[PDB]
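So, a structure with AZD9574 in it.
Note that chain A is numbered according to the PDB entry, with residues 662-1011 shown in order. Values reported hereafter were calculated over all heavy atoms of this structure, with side chains retained and with hydrogens, waters and symmetry mates removed. Ligands are counted one by one from 1 in listed order, and the atoms in each one are counted from 1 as well.
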Amino acid sequence: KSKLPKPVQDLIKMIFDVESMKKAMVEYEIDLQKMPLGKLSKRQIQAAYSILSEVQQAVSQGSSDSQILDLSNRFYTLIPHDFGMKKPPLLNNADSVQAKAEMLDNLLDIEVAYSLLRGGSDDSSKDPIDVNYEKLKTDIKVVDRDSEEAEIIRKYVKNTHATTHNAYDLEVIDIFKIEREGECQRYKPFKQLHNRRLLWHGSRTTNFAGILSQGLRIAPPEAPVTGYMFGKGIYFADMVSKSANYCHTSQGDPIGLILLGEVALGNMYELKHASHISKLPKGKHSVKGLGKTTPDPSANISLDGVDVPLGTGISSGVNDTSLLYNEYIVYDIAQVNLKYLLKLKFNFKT
Ligand SMILES: CNC(=O)c1ccc(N2CCN(Cc3ccc4nc(C)c(=O)[nH]c4c3F)CC2)c(F)n1
């Protein structure tokens, strides 16, 4: 049996759960008989993205529902759905392409998780928790409850939960200090860049085996750039509740996972509305989606020379913006250095 700390053991079990991976596929209405977890491949996912891009071209160029029908069916051919003998819903709008682009992104992390678990060696004498921990190539340590870093992290959670996200409260169960193999060396050209912030990135439990082994990744080139508000980058938030909404927890599964990453923002390209960009303008290193609300800038604290925006939510002064809260997007995977992973219990008020 494993010598790993009990919170680390429970984390590994959580993220390598096969039935959670299956429950996530069922949520997307995928036919598991026509295509199980083991049939999932990058090749198929990329072909599905490419057809979604063709659907996107047909919708933006204003094709008829009779004309797009052919392209909508082509997607359902690559990613089988569970509708029985009924006709699938027509993908004739941007919301539909956005929803399908989002599902595919998630399937890309699920495929990594299942590949990791089904790859490798079988040894009965070794605890499967120890076996599955090594697959991640990440040093995972438990942060001491009474430490300074734990106090700062708990204040960030406590102070940046938005009023509009009050249908639930957050309880920090565990704090993990994480170190992905090779990530620190990848980050080096951006290590002393200006505008380095410790930001949130929430995701489903089924994404975290992929996130810890491959890191936060940008949607592939086949993916429709219009399926994402600020194009194809890595999205972060300064409001814990904005990111915790990406955990997709419920009364039937109230345990979520959220990251704290050091993001080299550099010169921010400030936007109030959707801009489906492929490349940043010269001199810019990130995109900042300007929210109506911002954590109080005079309340910013420093944790290992990185700015921590743990202030309470105040008005930014920004008018006529499409965002309630800020968002930060980087278009180079090297600009992210994962620092912490938090296990949270969501206490629903509904
Ligand atoms: C070659 N590419 C890959 O292998 C690959 C693997 C996974 C990918 N996804 C998984 C779904 N995820 C969803 C998502 C989106 C936005 C979020 N914005 C905030 C503030 C937050 O807090 N969370 C968010 C969020 F979770 C995005 C990244 C991906 F795009 N690509």
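- Counting heavy-atom pairs under 4.5 Å, the chain with the most contacts to AZD9574 (ligand 1) is listed in the PDB entry as Poly [ADP-ribose] polymerase 1, processed C-terminus.
- Residues in other chains coming within 4.0 Å of AZD9574 (ligand 1) by heavy atoms are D766, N767, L769, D770, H862, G863, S864, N868, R878, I879, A880, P881, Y896, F897, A898, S904, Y907.
- Protein heavy atom closest to atom 26 (F) of AZD9574 (ligand 1), with residue, atom name and distance, is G863 O, 2.8 Å.
- Atom 21 (C) of AZD9574 (ligand 1) has as its closest protein heavy atom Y907 CD1, 3.4 Å.
- Against a heavy-atom cut-off of under 4.0 Å, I879 is close to the following atoms of AZD9574 (ligand 1): 1 (C), 2 (N), 3 (C), 30 (F), 31 (N).
- Close contacts between AZD9574 (ligand 1) and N767 involve ligand atoms 11 (C) [criterion: under 4.0 Å to a heavy atom].
- Given atom 22 (O) of AZD9574 (ligand 1), the protein heavy atom at minimum distance is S904 OG, 2.7 Å.
- Under a 4.0 Å criterion applied to the non-hydrogen atoms of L769, AZD9574 (ligand 1) contributes the atoms 2 (N), 3 (C), 4 (O), 5 (C), 6 (C).
- Of all protein heavy atoms, the one closest to atom 30 (F) of AZD9574 (ligand 1) is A880 N, 3.3 Å.
- Taking the UniProt NAD(+)-binding residues of chain A and keeping those with a non-hydrogen atom under 4.0 Å from AZD9574 (ligand 1) leaves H862, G863, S864, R878, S904.
- Set against the non-hydrogen atoms of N868, the atoms of AZD9574 (ligand 1) under 4.0 Å away are 10 (C), 11 (C).
- Distance from atom 8 (C) of AZD9574 (ligand 1) to its nearest protein heavy atom, with residue and atom name: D766 O, 3.6 Å.
- For atom 12 (N) of AZD9574 (ligand 1), no protein heavy-atom neighbour is present inside the 4.0 Å cut-off.
- Checking UniProt active-site residues of chain A against AZD9574 (ligand 1), the nearest one by heavy atoms (to 1 Å) is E988, 5 Å.
- Of the protein's non-hydrogen atoms, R878 O, 4.0 Å is the one closest to atom 28 (C) of AZD9574 (ligand 1).
- Counting per UniProt domain, chain A has the most residues touching AZD9574 (ligand 1) in PARP catalytic.
- Here the heavy atom of the protein found nearest to atom 18 (N) of AZD9574 (ligand 1) is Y896 CB, 3.3 Å.
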